[PDB]
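Macrolide 2'-phosphotransferase bound by clarithromycin.
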Amino acid sequence: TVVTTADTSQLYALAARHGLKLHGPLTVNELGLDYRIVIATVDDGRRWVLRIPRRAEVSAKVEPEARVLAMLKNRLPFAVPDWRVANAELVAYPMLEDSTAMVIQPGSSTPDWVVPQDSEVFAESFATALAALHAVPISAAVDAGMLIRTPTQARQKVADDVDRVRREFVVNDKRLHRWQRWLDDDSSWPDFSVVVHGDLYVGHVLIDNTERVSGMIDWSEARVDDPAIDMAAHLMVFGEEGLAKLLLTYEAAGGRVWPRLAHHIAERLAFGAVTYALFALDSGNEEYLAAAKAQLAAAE
Ligand SMILES: CC[C@H]1OC(=O)[C@H](C)[C@@H](O[C@H]2C[C@@](C)(OC)[C@@H](O)[C@H](C)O2)[C@H](C)[C@@H](O[C@@H]2O[C@H](C)C[C@H](N(C)C)[C@H]2O)[C@](C)(OC)C[C@@H](C)C(=O)[C@H](C)[C@@H](O)[C@]1(C)O
Ligand SMILES: Nc1nc2c(ncn2[C@@H]2O[C@H](CO)[C@@H](O)[C@H]2O)c(=O)[nH]1
């Protein structure tokens, strides 16, 4: 035989327990710390994504995320995963075959490709898609049992994350003062919350052949919270010029803005160091921890 990374017999049995008959090519990504991700061919001739929780604490998150996606399906003008299997041992959905807005080889630190800066179709359709997401009524989020943060709770969560990093790591003094100044800067913070994706960047956005946004994936961080959460990565990837274009079109599409939104988004992006450090800490992974500590101690 030939040794292969995927355990085809175990994967077949797992899928079959949930009404899916695997047959044909599959691909496996075991780099995720919480899930194994397999793209598999099923006897319907279609590819399906198998999202396999690794541990009980991850399995616990399946049921609430399933309620989120069930609520979002009809309320977004783009596709989201259709979790036709959702249980503690397996999530599975038909693959949304459109490409992500970037392409990267598993394990690599460098993408092969990112949708270009000058793609007006991408920029525009991402802005309108984001306005549509942020227009989902909070009532619908409450009815779906989502995590809800008022503006005060949103700001408290950021404070709590900063304080946890301060307890566990040694942070550059200027970084600490930046975060504290932000937390104390009333004019930066929004006076409302919206449904956010929570982990939104080009790698979780799907596009058609023309580069028009057609879907979003990986909704595990979705909640009602600060809208700027979903704009930080756009600034990170497309710069201030990209952000300026996003905010103009987002507002024109009905997105609610506030005067210091662009500033707030930059502060949220800086806060990404906190998010990364807590991910590292909770992961127990020494390589991620090494990177986090180095970033935190470094002057920005
Ligand atoms: C351009 C392409 C590059 O993407 C980015 O830089 C995004 C803008 C990031 O989001 C930025 C912006 C941000 C707002 O997230 C969208 C912010 O939270 C974050 C930490 O970094 C990522 C997505 C981060 O992931 C996020 O890291 C979190 C700690 C946990 C998140 N999730 C729950 C599993 C996860 O998706 C990550 C750390 O990159 C550096 C992923 C890590 C594997 C890499 O270094 C990558 C190879 C990348 O540099 C990239 C793919 O080449
Ligand atoms: N194009 C596409 N990629 C997916 C889909 N589901 C998962 N992926 C990929 O697998 C990762 C983990 O879910 C994502 O970040 C994507 O890289 C999908 O339906 N379509």
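Here the PDB entry sets the residue numbers for chain A, with the shown residues being 2-301 in order. Atoms within a ligand are numbered from 1 in the order they appear, just like the ligands themselves. Recorded method is X-ray crystallography, 1.4 Å. The basis for the numbers below is simple: all heavy atoms, side chains too, and nothing from hydrogens, waters or symmetry mates.
- Location of clarithromycin, all copies: ligand 1.
- Residues in other chains coming within 4.0 Å of clarithromycin by heavy atoms are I105, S109, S110, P112, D200, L201, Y202, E222, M237, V238, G273, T276, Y277, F280.
- Close contacts between clarithromycin and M237 involve ligand atoms 6 (O), 8 (C) [criterion: under 4.0 Å to a heavy atom].
- Where the criterion is an N or O separation shorter than 3.5 Å, residue side chain and backbone included, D200 meets it with respect to clarithromycin.
- Atom 1 (C) of clarithromycin has as its closest protein heavy atom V238 CG2, 3.7 Å.
- Protein heavy atoms are absent from the 4.0 Å sphere centred on atom 41 (C) of clarithromycin.
- Those atoms of clarithromycin that come under 4.0 Å of a heavy atom in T276, given as number and element, are 18 (O).
- Protein heavy atoms are found less than 4.0 angstrom from atom 35 (C) of clarithromycin.
- Distance check for atom 25 (O) of clarithromycin: every protein heavy atom is found at 4.0 Å or beyond.
- Protein heavy atoms are absent from the 4.0 Å sphere centred on atom 13 (C) of clarithromycin.
- Inside a 4.0 Å radius of atom 28 (C) of clarithromycin there is not any protein heavy atom.
- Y202 CE1, 4.5 Å is the protein heavy atom nearest to atom 3 (C) of clarithromycin.
- For atom 52 (O) of clarithromycin, the nearest protein heavy atom lies under 4.0 Å away.
- Taking a distance limit of 4.0 Å, we find that atom 9 (C) of clarithromycin is approached by no protein heavy atom.
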